[PDB]
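Tubulin beta, liganded with tivantinib.
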Amino acid sequence: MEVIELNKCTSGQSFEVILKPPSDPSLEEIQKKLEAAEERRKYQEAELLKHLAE
Amino acid sequence: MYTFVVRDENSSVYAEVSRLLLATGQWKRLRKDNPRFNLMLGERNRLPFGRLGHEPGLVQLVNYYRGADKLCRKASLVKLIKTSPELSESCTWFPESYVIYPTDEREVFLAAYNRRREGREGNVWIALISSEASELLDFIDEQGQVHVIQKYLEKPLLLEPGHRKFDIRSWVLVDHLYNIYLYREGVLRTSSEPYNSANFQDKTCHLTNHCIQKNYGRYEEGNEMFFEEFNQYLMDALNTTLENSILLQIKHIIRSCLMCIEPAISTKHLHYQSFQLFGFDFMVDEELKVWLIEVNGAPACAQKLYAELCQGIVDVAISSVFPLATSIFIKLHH
Amino acid sequence: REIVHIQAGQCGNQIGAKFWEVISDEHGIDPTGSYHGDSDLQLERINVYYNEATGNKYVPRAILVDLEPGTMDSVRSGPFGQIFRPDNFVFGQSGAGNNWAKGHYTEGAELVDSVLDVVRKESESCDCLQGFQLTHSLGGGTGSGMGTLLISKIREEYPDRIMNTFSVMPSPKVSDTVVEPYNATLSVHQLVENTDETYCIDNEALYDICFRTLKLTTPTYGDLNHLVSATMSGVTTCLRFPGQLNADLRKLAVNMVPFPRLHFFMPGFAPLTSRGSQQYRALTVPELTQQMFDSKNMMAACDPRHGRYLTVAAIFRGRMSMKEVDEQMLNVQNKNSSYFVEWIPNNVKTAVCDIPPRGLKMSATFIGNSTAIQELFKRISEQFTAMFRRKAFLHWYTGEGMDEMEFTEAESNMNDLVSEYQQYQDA
Amino acid sequence: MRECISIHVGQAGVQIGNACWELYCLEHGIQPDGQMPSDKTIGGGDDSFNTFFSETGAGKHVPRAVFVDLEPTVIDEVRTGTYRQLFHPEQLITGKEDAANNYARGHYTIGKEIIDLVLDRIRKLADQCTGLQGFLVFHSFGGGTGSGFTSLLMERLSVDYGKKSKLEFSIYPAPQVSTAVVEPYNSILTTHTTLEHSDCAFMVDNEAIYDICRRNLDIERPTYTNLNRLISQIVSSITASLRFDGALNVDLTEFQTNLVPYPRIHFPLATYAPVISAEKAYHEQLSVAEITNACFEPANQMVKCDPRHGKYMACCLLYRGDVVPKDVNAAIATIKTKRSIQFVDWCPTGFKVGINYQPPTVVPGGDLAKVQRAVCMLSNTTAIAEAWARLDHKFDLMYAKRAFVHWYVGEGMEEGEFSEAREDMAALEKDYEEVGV
Ligand SMILES: Nc1nc2c(ncn2[C@@H]2O[C@H](COP(=O)(O)OP(=O)(O)OP(=O)(O)O)[C@@H](O)[C@H]2O)c(=O)[nH]1
Ligand SMILES: Nc1ncnc2c1ncn2[C@@H]1O[C@H](COP(=O)(O)OP(=O)(O)CP(=O)(O)O)[C@@H](O)[C@H]1O
Ligand SMILES: Nc1nc2c(ncn2[C@@H]2O[C@H](COP(=O)(O)OP(=O)(O)O)[C@@H](O)[C@H]2O)c(=O)[nH]1
Ligand SMILES: O=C1NC(=O)[C@@H](c2cn3c4c(cccc24)CCC3)[C@@H]1c1c[nH]c2ccccc12
Ligand SMILES: [Ca+2]
Ligand SMILES: [Mg+2]
Ligand SMILES: [Mg+2]
């Protein structure tokens, strides 16, 4: 019903129509997560090479 | 070879349906959590509609209409009828009702309670049945959940011999094309003990539930009068038929209720499809005027009518979608 | 992403040479190593299996290994014998005498370093090596014993590379010696730990197919290898040709293997054909789909209805309606959803390649990770136990320094593997 | 004028980026060699299109975009594609080996060795900006790179560019065009890690796009190219306000303002119409009322769901072509009385409307026919949570058996992150539930 905020230009136009009213981690922590996961990889690989060594 | 799953073990209706499907030898039952199904006989609560129609290479159908609960809950039915222009508010076939929350439209209910008292006319209501507003509001707050207060039909049609009360159950099947099918066989769930007008405390002759009644089995087998007998009674005792005096109003009410919610629940252009069996409860006053009491989303059938109805469901709701290698339904046209 | 091929032992080299013979023809490469095709589809991913030299010569990235020169001399004088890099021929003189111990601990240990030098030389040339594929038998000594030794040492030097194997399982129906169940059990123990993907090529299945289906009265190893080379060409299609997914060895492993030890696949193929006999009628897509899923078309003597498919990869080759392929493959899953585990959603994937194999207008290759594969390992385990309970023929192994305990350990781990496959069959 | 940098991660991101930037060029009259005859301010300026295109003294207009894939295959086709001259080498970043459909491999393992390089190449673009708004990030949910590396990038961007907005164009996985069996894992994992870092994300279910191409373009088997050209049209409709003169959604912050009242619930549903086949001989052009009514058909949505059984928080209609406010308002009034459109109680029942008189541009030789008027509706409805429910269910089935989990643990990821991600998703479904019912 109610059309508001009609803005017009050469490219087109825009408006709003209402029908009814109502009723972060740091760089440190990131580098810590990535490196800690790298340690778990290194540990797994070391356990493999140790197993292969046996 | 079609496939289906069962997720409501307590469904007496669809326990018979699953049986009939297997007996064709063209339907195979899968486990509960097998997603590769054609048909889903879904649970009554938290039915995962969101997970339907996303299986490539499978046309999927479910035995429930998402959103049909608005019609099949007492608090919702009142709100639906009162807010929907197609029904509200001069609805002639639904009793005057109000939504009441425990400590809403409580002040609105009392405004009407005054007219009946300051008019010296019938002023009996139902949630328990009482003629005092204070007795009712104290009962709702003592229970806990949301209740509905409704005008009690003080002048119901009474069967003879017995001077008994009754209510009519009609089974309606809405298929995937939203064709509204009325089962030609209904049932009168009668009271055996004579209707008492003064004493509302005795709820055995006021409430006509099959469980409460179980004078059980005196007049007819199991307090259930079918349509052939009830029609014969109307002809002999009132010089009319079931069709003219009652069934036209019934078909009208059913048609009107489901037409109202069609755009909200229709699965016409959906990725999955739905059908559902409803059980409409009607009440007839002494002037042969039909009143809608409510709608049950998960109705049980009468023992005599299981074989015919359940087979009927397969023919028009299932086999219509999944064909295999006169009619018991009345199509309410719209 | 380059693949380094290795073939060890008599069986490994004979199916290995046959594999290169088949796919070279598919990629338009002649024995000289020169390309003479007509489609650019042939050369797009030819780097996966072939090195390129000056003058546009294509040389297989293959290393041929054995402990006796007999079989490898036959390769070098075979049809595509000249295509192989002569320096990649690494062989001993003593042989292995169908002895796992000789291949793994004594005779093979003496030669294994020479092989790894050739592996290293090939790998350093790779822009980005994705992994290795090995062809060998498990019933002999070289392919079984030294083959699993190589795998272990390759893992040590390339622990972040994929190891794939085409492992030929022994069968009394096609048997060389009585000690094959010993060699096989010892090898399975190794494959469980040190491979990501193993195609179980069962000689029992191959024999039955040749006898029952192909109506070959007395099938030879050549007849058996016609089915192998057909299967091998199929399962590697998505690695060798441009596809929708451009599959590699790692992505295959991730999608096929839900649990690390359960990586033993049942291959299947359709249509089943015998050598020489050309078929004139192309199979319809429904026929390809029905046949490839049939037990008669399985290269592993296991009844797929006795288990459940964890994962399935399929490839249709030839000019056909990919829509029809989709419908038929979806139909199989929807008709027999009980033979597919429900706790791995959408565990069946199908691809299509325009280029069909030689002599067929269309074919379908099957790769299944089924729990029914336990029937294979149970069969080997029974034959193992029948001899081991009396310590029969064990002196051939203890004579090479092995102890009885190593046999007991190998037995236990294969029985564990069986029970692991059984665990998910009732999930 | 304020600049926007587009980031394309993984195969899906890159190939969709190609479709979008191709279309952007055609809409603005930019040629493959980067020359734009209509731009009379040689060597620079601050027009609306400069939001996406920077300028060189030679008169070349280059995208403010970075392409990143852990595998060189896909981006190599950009380096040699028809628009090879458009971008310059520093924008196209490639690794050696992909993430192998593994979130952990893309996030932790391989992501760690290239994250610094990418941020450096992004910083170079940001230096050429006078007033950076933020970023538009294109990626898949299912890919190892699209899921893994994206979440890592989005984390660092919130650190390096804390004041900047970040929008997502995400591809929701569909079995019909599956690349991996573990795509549900990757989807849940990347959503959990990216959620707090994304201001507004537009999900596109490949299932929906695939079926729209089959149904409306009569393409039996849609290719990635078919999907992407349709997607680029939707993306273009959404970003048109940033690249053309207007007064609706003129900046990135306004997207969150007009579509996202609740931060966590920042997944608006996109619906587009009309989709018409180019080889359709006879076509009756559709009116404003017909295309607007189509915005409420599930068959036209980027994600298949049922908005009737949810609640709206916001709704934008973006028209392109012969459209005037009068016909829009007439269309809305009719639709309102015919369809179920429930807004949440704490929101006004209304529509923000944007119109561009230029009809949608079609790629020559494409599958889309030229139309006189089109519309894209952006509605923040709780019904899109059906997609999360589907996804979380597939996740639960596999994770109950810890299937394929070892592949992720092997890359250094903890099994606890699976349960942590799934818990965050469980809370998200609850959030939608509270708002919706
Ligand atoms: N719409 C669309 N989806 C795509 C496209 N390419 C890939 N996808 C989807 O993306 C998902 C897989 O992610 P990809 O982008 O292919 O893989 P990635 O991001 O490169 O990650 P990795 O390859 O594993 O390192 C699948 O569900 C595909 O359907 C595309 O061009 N268009
Ligand atoms: N407004 C009214 N006036 C008169 N009688 C009424 C009434 N509302 C209900 N009744 C009587 O009360 C009985 C039970 O009420 P109600 O229908 O709410 O319970 P119910 O849910 O068990 C029916 P169903 O079992 O089919 O769901 C009805 O069968 C009818 O006998
Ligand atoms: N399919 C096939 N199997 C073979 C062939 N040659 C040997 N085998 C099998 O391999 C086992 C013998 O191993 P073999 O390769 O000969 O021993 P090795 O040379 O020391 O590795 C037996 O179980 C045979 O059935 C062959 O040409 N084809
Ligand atoms: O191209 C491909 N890459 C993959 O990872 C394969 C795959 C297996 N599963 C997948 C799943 C999802 C997506 C892709 C794949 C479900 C379970 C198993 C797929 C493939 C289909 N048929 C083949 C024949 C030979 C080699 C590879 C393939
Ligand atoms: Ca300029
Ligand atoms: Mg031999
Ligand atoms: Mg990729």
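In what follows, chains are A, B, ... by sequence order, proteins preceding strands, each numbered from 1. What's counted below: heavy atoms across the whole structure, side chains too, no hydrogens, waters or symmetry copies. Indexing begins at 1, ligand by ligand and atom by atom, following the structure's order. Only a part of the entry is shown; contacts are counted within it. The header says X-ray crystallography, 2.2 Å.
Taking every copy into account, the model assigns tivantinib to ligand 4.
Contact chains for tivantinib (heavy atom under 4.0 Å, other chains only): C, D. At 4.0 Å, heavy atom to atom, the residues around tivantinib are C/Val235, C/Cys238, C/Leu245, C/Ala247, C/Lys251, C/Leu252, C/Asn255, C/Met256, C/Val312, C/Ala313, C/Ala314, C/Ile315, C/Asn346, C/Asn347, C/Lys349, C/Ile367, D/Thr179, D/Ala180, D/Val181. For atom 2 (C) of tivantinib, the closest non-hydrogen atom on the protein side is C/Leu245 CD1, 3.5 Å. The C/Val312 neighbourhood of tivantinib comprises atoms 18 (C), with distances under 4.0 Å to a heavy atom of that residue. Counting protein heavy atoms only, atom 16 (C) of tivantinib is closest to C/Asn346 O, 3.6 Å. The C/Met256 neighbourhood of tivantinib comprises atoms 8 (C), 18 (C), with distances under 4.0 Å to a heavy atom of that residue. Ranking the protein heavy atoms by distance from atom 3 (N) of tivantinib puts C/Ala247 CB, 3.4 Å first.
There is no covalent bond between tivantinib and any chain in the model. The protein atom (non-hydrogen) at minimum distance from atom 10 (C) of tivantinib is C/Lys349 CB, 3.4 Å. Protein heavy atom in closest approach to atom 4 (C) of tivantinib: C/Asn255 ND2, 3.6 Å.
Within the listing of tivantinib, atoms 5 (O) sit less than 4.0 angstrom from a heavy atom of C/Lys251.
In terms of protein heavy-atom proximity, atom 20 (C) of tivantinib is nearest to C/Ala313 CB, 4.1 Å. For a threshold of 3.5 Å applied to N or O pairs, the pair formed by C/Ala314 and tivantinib contains at least one separation below that value. Lab note: entry names chain D as Tubulin alpha.
With respect to atom 14 (C) of tivantinib, the closest heavy atom belonging to the protein is D/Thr179 O, 3.4 Å. For atom 25 (C) of tivantinib, the closest heavy atom belonging to the protein is C/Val235 O, 3.5 Å.
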